[PDB]
**Q** 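Handing you a structure now.
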Amino acid sequence: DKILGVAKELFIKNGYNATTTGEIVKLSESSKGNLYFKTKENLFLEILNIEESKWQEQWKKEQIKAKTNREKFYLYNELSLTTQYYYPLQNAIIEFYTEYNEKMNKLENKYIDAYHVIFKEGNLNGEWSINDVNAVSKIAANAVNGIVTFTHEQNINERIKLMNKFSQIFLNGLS
Amino acid sequence: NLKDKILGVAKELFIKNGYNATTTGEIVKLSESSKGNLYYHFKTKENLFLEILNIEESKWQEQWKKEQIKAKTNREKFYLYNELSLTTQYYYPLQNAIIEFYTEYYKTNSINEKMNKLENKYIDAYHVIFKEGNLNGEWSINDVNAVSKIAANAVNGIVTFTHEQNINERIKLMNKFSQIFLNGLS
Ligand SMILES: Cc1cc(N)c2ccccc2[n+]1CCCCCCCCCC[n+]1c(C)cc(N)c2ccccc21
(Lines of atoms letter the chains of each structure in order from A and count residues from 1; the text may use other names and numbers.)
(Lines give C-alpha, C1' and ligand atoms only; values in the text may rest on other atoms or scores of the structure.)
Protein backbone atom coordinates (compact mmCIF):
# COMPACT_ATOMS: atom_id res chain seq x y z
CA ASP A 1 0.00 0.00 0.00
CA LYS A 2 2.91 2.38 0.73
CA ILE A 3 4.08 1.17 -2.69
CA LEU A 4 0.62 1.36 -4.34
CA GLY A 5 0.07 4.87 -2.94
CA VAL A 6 3.46 6.29 -4.01
CA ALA A 7 3.19 4.71 -7.47
CA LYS A 8 -0.20 6.35 -8.14
CA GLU A 9 1.30 9.71 -7.08
CA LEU A 10 4.36 9.13 -9.29
CA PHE A 11 2.36 7.77 -12.27
CA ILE A 12 -0.06 10.71 -12.07
CA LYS A 13 2.59 13.45 -11.79
CA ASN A 14 5.36 11.95 -13.95
CA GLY A 15 5.10 9.29 -16.69
CA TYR A 16 4.85 5.50 -16.66
CA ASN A 17 8.37 5.11 -18.03
CA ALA A 18 9.51 8.25 -16.16
CA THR A 19 8.80 6.62 -12.78
CA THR A 20 10.73 3.38 -12.26
CA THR A 21 10.77 0.83 -9.42
CA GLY A 22 14.01 2.44 -8.24
CA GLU A 23 12.33 5.81 -7.62
CA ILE A 24 9.15 4.17 -6.23
CA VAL A 25 11.07 2.15 -3.61
CA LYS A 26 13.23 5.13 -2.60
CA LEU A 27 9.95 7.08 -2.24
CA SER A 28 8.48 4.66 0.36
CA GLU A 29 11.57 3.07 2.04
CA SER A 30 10.29 -0.54 1.66
CA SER A 31 13.20 -2.20 -0.18
CA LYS A 32 13.00 -3.63 -3.72
CA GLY A 33 12.46 -7.18 -2.42
CA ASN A 34 9.22 -6.05 -0.75
CA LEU A 35 7.92 -5.16 -4.24
CA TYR A 36 7.18 -8.82 -5.01
CA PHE A 37 2.77 -7.89 -7.83
CA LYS A 38 5.48 -9.54 -9.96
CA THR A 39 6.58 -6.96 -12.58
CA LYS A 40 6.28 -3.17 -12.99
CA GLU A 41 3.28 -3.98 -15.18
CA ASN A 42 1.58 -5.93 -12.38
CA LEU A 43 2.18 -3.08 -9.93
CA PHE A 44 0.67 -0.61 -12.41
CA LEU A 45 -2.12 -2.89 -13.64
CA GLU A 46 -3.08 -3.37 -9.98
CA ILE A 47 -3.30 0.42 -9.48
CA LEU A 48 -5.61 0.77 -12.48
CA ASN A 49 -7.83 -1.91 -11.00
CA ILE A 50 -7.90 -0.04 -7.67
CA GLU A 51 -8.53 3.37 -9.23
CA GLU A 52 -11.09 2.08 -11.74
CA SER A 53 -13.02 0.71 -8.76
CA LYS A 54 -12.63 3.77 -6.50
CA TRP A 55 -14.21 5.64 -9.42
CA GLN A 56 -16.91 2.99 -10.04
CA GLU A 57 -17.86 3.15 -6.33
CA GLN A 58 -17.96 6.97 -6.37
CA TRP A 59 -20.18 6.76 -9.46
CA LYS A 60 -22.66 4.48 -7.66
CA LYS A 61 -22.66 6.83 -4.66
CA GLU A 62 -23.34 9.74 -7.08
CA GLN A 63 -25.64 8.23 -9.75
CA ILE A 64 -28.74 8.60 -7.54
CA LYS A 65 -28.79 12.25 -8.68
CA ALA A 66 -29.75 10.92 -12.15
CA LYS A 67 -33.47 10.13 -12.50
CA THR A 68 -33.35 8.62 -16.00
CA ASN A 69 -30.63 6.62 -17.78
CA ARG A 70 -30.40 9.58 -20.15
CA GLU A 71 -29.44 11.62 -17.10
CA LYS A 72 -27.21 8.78 -15.84
CA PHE A 73 -25.24 8.97 -19.12
CA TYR A 74 -24.84 12.80 -19.19
CA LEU A 75 -23.78 12.69 -15.55
CA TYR A 76 -21.31 9.80 -15.75
CA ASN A 77 -19.48 11.65 -18.49
CA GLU A 78 -19.68 14.97 -16.57
CA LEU A 79 -18.27 13.32 -13.44
CA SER A 80 -15.45 11.77 -15.51
CA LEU A 81 -13.98 15.24 -16.03
CA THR A 82 -14.11 16.13 -12.31
CA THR A 83 -13.16 12.82 -10.60
CA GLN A 84 -9.84 12.17 -8.86
CA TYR A 85 -9.83 8.51 -9.93
CA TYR A 86 -8.57 6.57 -12.96
CA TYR A 87 -8.99 9.30 -15.56
CA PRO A 88 -5.86 11.12 -14.24
CA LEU A 89 -3.80 7.99 -15.00
CA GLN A 90 -4.81 7.81 -18.68
CA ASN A 91 -1.59 9.46 -19.84
CA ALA A 92 0.23 6.66 -18.04
CA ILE A 93 -2.25 4.11 -19.42
CA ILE A 94 -1.53 5.30 -22.99
CA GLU A 95 2.23 5.33 -22.45
CA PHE A 96 1.80 1.82 -21.00
CA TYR A 97 0.04 0.39 -24.08
CA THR A 98 2.95 1.34 -26.36
CA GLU A 99 5.71 0.15 -24.00
CA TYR A 100 4.06 -3.32 -23.88
CA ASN A 101 -4.89 -9.61 -22.92
CA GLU A 102 -4.89 -10.85 -19.30
CA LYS A 103 -5.97 -8.82 -16.22
CA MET A 104 -6.37 -6.07 -18.87
CA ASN A 105 -9.50 -7.82 -20.20
CA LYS A 106 -11.22 -7.71 -16.79
CA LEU A 107 -10.43 -3.98 -16.56
CA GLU A 108 -11.58 -2.93 -20.06
CA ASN A 109 -14.90 -4.61 -19.21
CA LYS A 110 -15.17 -2.96 -15.77
CA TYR A 111 -14.27 0.24 -17.66
CA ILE A 112 -17.19 -0.14 -20.10
CA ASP A 113 -19.56 -1.71 -17.55
CA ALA A 114 -21.04 1.63 -16.43
CA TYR A 115 -22.23 2.29 -20.00
CA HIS A 116 -23.41 -1.29 -20.41
CA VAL A 117 -25.77 -0.90 -17.45
CA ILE A 118 -26.93 2.52 -18.68
CA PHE A 119 -27.73 1.30 -22.20
CA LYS A 120 -29.20 -2.05 -21.01
CA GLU A 121 -31.46 -0.53 -18.35
CA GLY A 122 -32.08 2.11 -21.04
CA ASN A 123 -33.59 -0.51 -23.35
CA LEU A 124 -35.58 -2.00 -20.45
CA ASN A 125 -36.71 1.56 -19.54
CA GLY A 126 -37.47 2.10 -23.26
CA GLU A 127 -35.52 5.38 -23.57
CA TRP A 128 -33.99 4.17 -26.88
CA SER A 129 -33.52 0.96 -28.93
CA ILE A 130 -29.82 0.06 -29.18
CA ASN A 131 -29.30 -3.57 -30.27
CA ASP A 132 -25.49 -3.94 -30.02
CA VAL A 133 -24.74 -2.47 -26.59
CA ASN A 134 -21.16 -3.77 -26.38
CA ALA A 135 -20.24 -1.74 -29.44
CA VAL A 136 -21.98 1.41 -28.21
CA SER A 137 -20.59 0.99 -24.69
CA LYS A 138 -16.98 0.68 -25.91
CA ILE A 139 -17.51 3.58 -28.31
CA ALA A 140 -19.14 5.84 -25.71
CA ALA A 141 -16.57 4.97 -23.05
CA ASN A 142 -13.58 5.63 -25.27
CA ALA A 143 -15.02 8.77 -26.89
CA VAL A 144 -15.65 10.15 -23.42
CA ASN A 145 -12.13 9.15 -22.35
CA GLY A 146 -10.93 11.10 -25.37
CA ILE A 147 -12.88 14.21 -24.42
CA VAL A 148 -11.54 13.96 -20.85
CA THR A 149 -7.92 13.16 -21.69
CA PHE A 150 -7.27 15.16 -24.87
CA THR A 151 -8.47 18.42 -23.26
CA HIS A 152 -6.79 18.18 -19.79
CA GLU A 153 -5.33 21.71 -19.77
CA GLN A 154 -8.09 24.12 -20.85
CA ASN A 155 -10.82 25.71 -18.66
CA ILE A 156 -12.76 23.10 -16.65
CA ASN A 157 -16.24 24.54 -17.37
CA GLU A 158 -15.69 24.60 -21.10
CA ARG A 159 -14.73 20.93 -20.65
CA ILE A 160 -18.00 20.25 -18.84
CA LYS A 161 -19.86 22.20 -21.57
CA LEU A 162 -18.23 20.24 -24.41
CA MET A 163 -18.87 16.86 -22.77
CA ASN A 164 -22.57 17.67 -22.41
CA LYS A 165 -22.85 18.86 -26.00
CA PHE A 166 -21.27 15.47 -26.74
CA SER A 167 -23.60 13.42 -24.54
CA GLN A 168 -26.50 15.18 -26.28
CA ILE A 169 -25.25 14.42 -29.79
CA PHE A 170 -24.49 10.81 -28.88
CA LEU A 171 -27.79 9.92 -27.22
CA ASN A 172 -29.76 11.84 -29.83
CA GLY A 173 -27.77 9.67 -32.26
CA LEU A 174 -28.84 6.34 -30.75
CA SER A 175 -32.56 7.19 -30.53
CA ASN B 1 19.01 22.16 -45.90
CA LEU B 2 20.97 21.63 -42.65
CA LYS B 3 17.77 22.71 -40.90
CA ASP B 4 15.91 20.03 -42.88
CA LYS B 5 18.73 17.51 -42.44
CA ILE B 6 18.70 18.12 -38.68
CA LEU B 7 14.92 17.67 -38.67
CA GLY B 8 15.05 14.59 -40.91
CA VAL B 9 17.83 12.90 -38.96
CA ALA B 10 16.17 13.88 -35.69
CA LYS B 11 12.87 12.39 -36.87
CA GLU B 12 14.50 9.06 -37.67
CA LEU B 13 16.44 9.08 -34.41
CA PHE B 14 13.24 9.77 -32.46
CA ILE B 15 11.43 7.05 -34.42
CA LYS B 16 14.37 4.71 -33.82
CA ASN B 17 15.07 5.38 -30.12
CA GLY B 18 12.22 7.53 -28.73
CA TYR B 19 12.21 11.13 -27.55
CA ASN B 20 13.99 10.92 -24.22
CA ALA B 21 16.76 8.62 -25.48
CA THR B 22 17.67 10.73 -28.53
CA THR B 23 20.29 13.34 -27.65
CA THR B 24 21.09 16.67 -29.26
CA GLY B 25 24.66 15.49 -29.86
CA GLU B 26 23.38 12.53 -31.84
CA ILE B 27 21.18 14.79 -33.95
CA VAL B 28 24.12 17.17 -34.34
CA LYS B 29 26.87 14.68 -35.25
CA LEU B 30 24.66 12.46 -37.42
CA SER B 31 23.42 15.44 -39.45
CA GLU B 32 26.97 16.81 -39.84
CA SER B 33 25.96 20.02 -38.08
CA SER B 34 26.77 21.65 -34.72
CA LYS B 35 25.20 22.08 -31.27
CA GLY B 36 25.47 25.79 -32.14
CA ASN B 37 23.42 25.58 -35.33
CA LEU B 38 20.86 23.32 -33.64
CA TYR B 39 20.52 25.93 -30.89
CA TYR B 40 20.14 28.72 -33.44
CA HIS B 41 17.30 26.97 -35.28
CA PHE B 42 15.46 25.27 -32.42
CA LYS B 43 16.99 26.32 -29.05
CA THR B 44 16.04 23.01 -27.41
CA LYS B 45 15.31 19.38 -28.20
CA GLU B 46 11.73 20.14 -27.11
CA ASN B 47 11.26 22.79 -29.78
CA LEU B 48 13.17 20.75 -32.36
CA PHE B 49 10.66 17.96 -31.77
CA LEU B 50 7.83 20.52 -31.99
CA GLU B 51 8.89 21.60 -35.51
CA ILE B 52 9.14 17.90 -36.43
CA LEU B 53 5.53 17.74 -35.28
CA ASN B 54 4.68 20.99 -37.18
CA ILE B 55 5.99 19.36 -40.32
CA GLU B 56 4.15 16.11 -39.64
CA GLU B 57 0.87 18.00 -39.18
CA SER B 58 1.54 19.83 -42.45
CA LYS B 59 2.26 16.48 -44.12
CA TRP B 60 -0.86 15.04 -42.52
CA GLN B 61 -3.04 17.88 -43.81
CA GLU B 62 -1.61 17.31 -47.29
CA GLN B 63 -2.56 13.63 -47.20
CA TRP B 64 -6.08 14.65 -46.23
CA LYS B 65 -6.43 17.23 -49.03
CA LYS B 66 -5.55 14.45 -51.50
CA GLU B 67 -7.26 11.56 -49.68
CA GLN B 68 -10.59 13.41 -49.12
CA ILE B 69 -11.41 13.27 -52.86
CA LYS B 70 -12.57 9.69 -52.15
CA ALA B 71 -15.28 11.35 -50.00
CA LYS B 72 -17.91 13.27 -51.99
CA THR B 73 -20.19 14.55 -49.22
CA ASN B 74 -19.07 16.07 -45.94
CA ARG B 75 -20.89 13.18 -44.25
CA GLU B 76 -18.59 10.91 -46.20
CA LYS B 77 -15.54 13.06 -45.37
CA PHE B 78 -16.39 12.82 -41.65
CA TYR B 79 -16.58 9.03 -41.93
CA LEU B 80 -13.26 8.91 -43.78
CA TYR B 81 -11.23 11.33 -41.68
CA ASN B 82 -12.05 9.24 -38.61
CA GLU B 83 -11.00 6.01 -40.33
CA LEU B 84 -7.74 7.58 -41.51
CA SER B 85 -7.13 8.98 -38.03
CA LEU B 86 -7.46 5.45 -36.67
CA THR B 87 -5.79 3.44 -39.44
CA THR B 88 -2.94 5.80 -40.34
CA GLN B 89 -1.99 6.16 -36.68
CA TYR B 90 -1.91 2.39 -36.15
CA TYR B 91 1.36 2.22 -38.12
CA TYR B 92 2.60 5.75 -37.33
CA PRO B 93 6.22 5.50 -36.13
CA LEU B 94 6.44 8.89 -34.40
CA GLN B 95 3.30 8.03 -32.41
CA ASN B 96 5.45 6.56 -29.61
CA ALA B 97 7.83 9.54 -29.42
CA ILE B 98 4.71 11.72 -29.40
CA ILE B 99 3.18 9.88 -26.44
CA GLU B 100 6.53 10.03 -24.67
CA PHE B 101 6.99 13.72 -25.46
CA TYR B 102 3.44 14.66 -24.47
CA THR B 103 3.33 12.83 -21.15
CA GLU B 104 6.25 14.99 -20.05
CA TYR B 105 5.87 18.53 -21.39
CA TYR B 106 2.06 18.84 -20.98
CA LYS B 107 2.53 20.28 -17.48
CA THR B 108 4.69 22.97 -19.22
CA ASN B 109 2.43 25.66 -20.76
CA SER B 110 4.94 27.29 -23.13
CA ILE B 111 5.14 23.87 -24.83
CA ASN B 112 1.47 22.94 -24.26
CA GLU B 113 0.45 26.20 -25.99
CA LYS B 114 2.43 25.12 -29.06
CA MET B 115 0.98 21.59 -28.84
CA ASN B 116 -2.55 22.99 -28.90
CA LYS B 117 -1.54 25.07 -31.89
CA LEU B 118 -0.79 21.66 -33.47
CA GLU B 119 -3.90 19.90 -32.15
CA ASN B 120 -6.08 22.83 -33.25
CA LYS B 121 -4.77 22.31 -36.77
CA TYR B 122 -6.15 18.76 -36.56
CA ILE B 123 -9.47 20.05 -35.23
CA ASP B 124 -9.62 22.44 -38.21
CA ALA B 125 -10.22 19.47 -40.50
CA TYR B 126 -13.52 18.79 -38.69
CA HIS B 127 -14.33 22.49 -38.65
CA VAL B 128 -14.23 22.43 -42.45
CA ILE B 129 -16.20 19.19 -42.73
CA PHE B 130 -18.97 20.55 -40.50
CA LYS B 131 -19.02 24.09 -42.00
CA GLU B 132 -19.31 22.82 -45.60
CA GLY B 133 -21.94 20.39 -44.32
CA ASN B 134 -23.98 23.34 -43.03
CA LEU B 135 -23.67 25.10 -46.39
CA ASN B 136 -24.81 21.88 -48.14
CA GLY B 137 -27.63 21.22 -45.69
CA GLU B 138 -26.31 17.79 -44.75
CA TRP B 139 -26.94 19.03 -41.22
CA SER B 140 -27.46 22.15 -39.11
CA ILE B 141 -24.75 22.75 -36.55
CA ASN B 142 -25.13 26.19 -34.98
CA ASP B 143 -22.18 25.69 -32.61
CA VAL B 144 -19.57 24.31 -35.06
CA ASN B 145 -16.44 25.25 -33.11
CA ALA B 146 -17.62 23.12 -30.17
CA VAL B 147 -18.86 20.14 -32.22
CA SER B 148 -15.49 20.04 -33.99
CA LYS B 149 -13.54 19.96 -30.73
CA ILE B 150 -15.87 17.13 -29.64
CA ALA B 151 -15.60 15.05 -32.82
CA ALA B 152 -11.80 15.41 -32.86
CA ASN B 153 -11.47 14.44 -29.19
CA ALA B 154 -14.08 11.68 -29.33
CA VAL B 155 -12.17 10.18 -32.29
CA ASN B 156 -8.83 10.61 -30.49
CA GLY B 157 -10.20 8.67 -27.54
CA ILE B 158 -11.54 5.94 -29.79
CA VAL B 159 -8.22 5.85 -31.61
CA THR B 160 -6.04 5.84 -28.49
CA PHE B 161 -7.98 3.82 -25.89
CA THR B 162 -9.32 0.99 -28.12
CA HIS B 163 -5.85 -0.65 -28.19
CA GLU B 164 -6.92 -4.08 -26.80
CA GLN B 165 -8.56 -5.11 -30.13
CA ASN B 166 -8.24 -6.46 -33.69
CA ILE B 167 -7.75 -3.75 -36.33
CA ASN B 168 -10.77 -4.81 -38.43
CA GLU B 169 -13.06 -4.39 -35.40
CA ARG B 170 -11.75 -0.92 -34.48
CA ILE B 171 -12.64 0.33 -37.96
CA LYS B 172 -16.10 -1.20 -37.42
CA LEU B 173 -16.49 0.73 -34.16
CA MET B 174 -15.00 3.99 -35.45
CA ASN B 175 -17.52 3.88 -38.32
CA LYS B 176 -20.29 2.99 -35.86
CA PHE B 177 -19.28 6.05 -33.86
CA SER B 178 -19.16 8.08 -37.07
CA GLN B 179 -22.69 6.86 -37.75
CA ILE B 180 -24.06 7.52 -34.25
CA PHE B 181 -22.45 10.95 -34.04
CA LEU B 182 -23.63 12.38 -37.38
CA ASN B 183 -27.09 10.92 -36.72
CA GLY B 184 -27.42 13.02 -33.56
CA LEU B 185 -26.94 16.39 -35.26
CA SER B 186 -29.53 17.25 -37.93
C1 LIG C 1 1.52 12.91 -39.13
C2 LIG C 1 0.22 12.47 -38.51
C3 LIG C 1 -0.21 11.19 -38.81
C4 LIG C 1 -1.40 10.71 -38.28
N5 LIG C 1 -1.77 9.45 -38.61
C6 LIG C 1 -2.15 11.55 -37.44
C7 LIG C 1 -3.36 11.12 -36.88
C8 LIG C 1 -4.10 11.96 -36.05
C9 LIG C 1 -3.64 13.24 -35.77
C10 LIG C 1 -2.44 13.68 -36.32
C11 LIG C 1 -1.68 12.85 -37.16
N12 LIG C 1 -0.51 13.28 -37.71
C13 LIG C 1 0.02 14.64 -37.43
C14 LIG C 1 0.75 14.62 -36.09
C15 LIG C 1 1.24 16.02 -35.73
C16 LIG C 1 1.52 16.16 -34.23
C17 LIG C 1 0.34 16.73 -33.44
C18 LIG C 1 -0.22 15.73 -32.43
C19 LIG C 1 0.47 15.83 -31.07
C20 LIG C 1 -0.24 16.80 -30.12
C21 LIG C 1 -0.56 16.17 -28.77
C22 LIG C 1 -1.91 15.45 -28.78
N23 LIG C 1 -2.21 14.94 -27.43
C24 LIG C 1 -3.00 15.68 -26.62
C25 LIG C 1 -3.59 16.99 -27.06
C26 LIG C 1 -3.30 15.24 -25.34
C27 LIG C 1 -2.80 14.05 -24.87
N28 LIG C 1 -3.12 13.67 -23.60
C29 LIG C 1 -1.98 13.29 -25.70
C30 LIG C 1 -1.44 12.07 -25.26
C31 LIG C 1 -0.63 11.31 -26.08
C32 LIG C 1 -0.34 11.76 -27.36
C33 LIG C 1 -0.87 12.97 -27.81
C34 LIG C 1 -1.69 13.76 -26.99
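Each sequence line gets a chain letter, starting at A and going down the list. Using the PDB entry numbers, chain A covers 5-40, 43-106, 113-187, in order. Here chain B follows the PDB entry, giving residues 2-187 in order. All values below were derived from every heavy atom in this structure, side-chain atoms included, with hydrogens, water molecules and symmetry-related copies excluded. For ligands, and for the atoms within them, numbers begin at 1 and follow the listed sequence.
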**Q** Choose from gandotinib, vemurafenib, dequalinium, repaglinide the drug or drug candidate located at ligand 1.
**A** dequalinium
**Q** Looking at this structure, what macromolecule is in contact with dequalinium the most, according to the PDB entry?
**A** HTH-type transcriptional regulator qacR
**Q** I'd love to know which other chains sit under 4.0 Å from dequalinium, counting non-hydrogen atoms.
**A** A, B
**Q** Can you walk me through which residues contact dequalinium using 4.0 Å for heavy atoms?
**A** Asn97(A), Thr161(A), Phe162(A), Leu54(B), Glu57(B), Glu58(B), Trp61(B), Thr89(B), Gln90(B), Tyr93(B), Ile99(B), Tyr103(B), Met116(B), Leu119(B), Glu120(B), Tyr123(B)
